[PDB]
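Featured here: a structure holding fluorouracil.
Chain naming here is simple, since letters A, B, ... match the order of the sequence lines and numbering starts at 1 in each. We count ligands from 1, going down the list as the structure has it; atoms in each ligand are counted the same way. Any value given below was found using the heavy atoms of this structure, including those in side chains, with hydrogens, waters and symmetry copies removed.
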Amino acid sequence: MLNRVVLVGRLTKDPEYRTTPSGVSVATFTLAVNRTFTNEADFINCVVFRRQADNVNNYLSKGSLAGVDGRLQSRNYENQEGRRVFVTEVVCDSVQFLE
Amino acid sequence: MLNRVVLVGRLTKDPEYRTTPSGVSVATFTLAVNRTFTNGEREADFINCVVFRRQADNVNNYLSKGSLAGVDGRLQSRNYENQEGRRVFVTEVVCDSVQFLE
Ligand SMILES: O=c1[nH]cc(F)c(=O)[nH]1
């Protein structure tokens with residue numbers, strides 16, 4: 001079914017590397033996406049698969065402007081405090097490096 | 001900045017329909033959005049949506065568990081403390097429009 005999300009925002013921190021529970025490598029970063037209206041940003045976790053993870057970790061850093069096109073994915077997991085965390089993330093088909 | 005979400009899916013439950021403390025209609029539901037790829041089995045994503053005003057009224061009046069719907073909106077994050085004292089991070093789709101597809 002149709003699942004498409006597009007964002008332009010600035011990274012809140014330097015991107016990271018991580019391995020999925022199944023051992024697949026990804027890059028992760030958080031995008032601060034300023035709203036168009038007035039009463040503020042939204043903070044959206046993004047996930048890049050395969051070698052695109054290397055472009056993300058080398059070209060972007062905290063404050064970099066980026067654009068993402070991808071799909072929204074839900075998952076959940078138990079954190080270290082033994083707590084069930086529910087997340088909705090953008091799994092990126094492409095990341096555009098705007099600056 | 002650019003922030004756009006489009007989804008087609010089916011409601012996992014009857015929408016929840018209420019009037020906020022500002023006086024606006026509010027509707028919430030979870031859209032089960034099937035993935036295009038397959039594992040052979042095909043998995044789904046479960047996206048929390050919220051709609052306000054006339055679109056909320058329409059959602060309550062026409063959508064029910066299992067209904068096919070299309071949403072066009074924006075992705076919003078927020079924070080809250082639960083009664084256990086834990087910070088909970090919320091990501092949901094705030095719908096500008098809902099399309100009824102059945
Ligand atoms: O962050 C993630 N994105 C997609 C996945 F399939 C997963 O396991 N973890």
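Of all chains here, the one making more contacts with fluorouracil (ligand 1) than any other appears in the PDB entry as Single-stranded DNA-binding protein. Other chains with one or more heavy atoms under 4.0 Å from any atom of fluorouracil (ligand 1): A. Residues touching fluorouracil (ligand 1) within 4.0 Å, heavy atoms only: A:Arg18, A:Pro21, A:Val47, A:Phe49, A:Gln73, A:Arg75, A:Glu89. The shortest contact between atom 8 (O) of fluorouracil (ligand 1) and any protein heavy atom is with A:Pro21 CD, 3.8 Å.
Nearest to atom 2 (C) of fluorouracil (ligand 1) among the protein's heavy atoms is A:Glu89 OE1, 3.3 Å.
Interface atoms of fluorouracil (ligand 1) facing A:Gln73, defined by a heavy-atom separation under 4.0 Å, are 4 (C). Where the criterion is an N or O separation shorter than 3.5 Å, residue side chain and backbone included, A:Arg18 meets it with respect to fluorouracil (ligand 1). Counting the atoms of fluorouracil (ligand 1) from 1 in the order shown, those under 4.0 Å from a heavy atom of A:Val47 are 1 (O), 3 (N). In this deposit, the organism assigned to chain A is Staphylococcus aureus subsp. aureus ED98. The shortest contact between atom 5 (C) of fluorouracil (ligand 1) and any protein heavy atom is with A:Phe49 CZ, 3.8 Å. When each atom of fluorouracil (ligand 1) is checked for a heavy atom of A:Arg75 under 4.0 Å away, the hits are 1 (O), 2 (C), 9 (N).
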Distances under 3.5 Å, N/O of fluorouracil (ligand 1) against N/O of the protein: list each pair and its distance.
residue: fluorouracil (ligand 1); atom: 1 (O); partner: A:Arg18; partner atom: NH1; Å: 3.1
residue: fluorouracil (ligand 1); atom: 1 (O); partner: A:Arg18; partner atom: NH2; Å: 2.6
residue: fluorouracil (ligand 1); atom: 1 (O); partner: A:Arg75; partner atom: NE; Å: 3.3
residue: fluorouracil (ligand 1); atom: 1 (O); partner: A:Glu89; partner atom: OE1; Å: 2.8
residue: fluorouracil (ligand 1); atom: 9 (N); partner: A:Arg18; partner atom: NH1; Å: 3.3

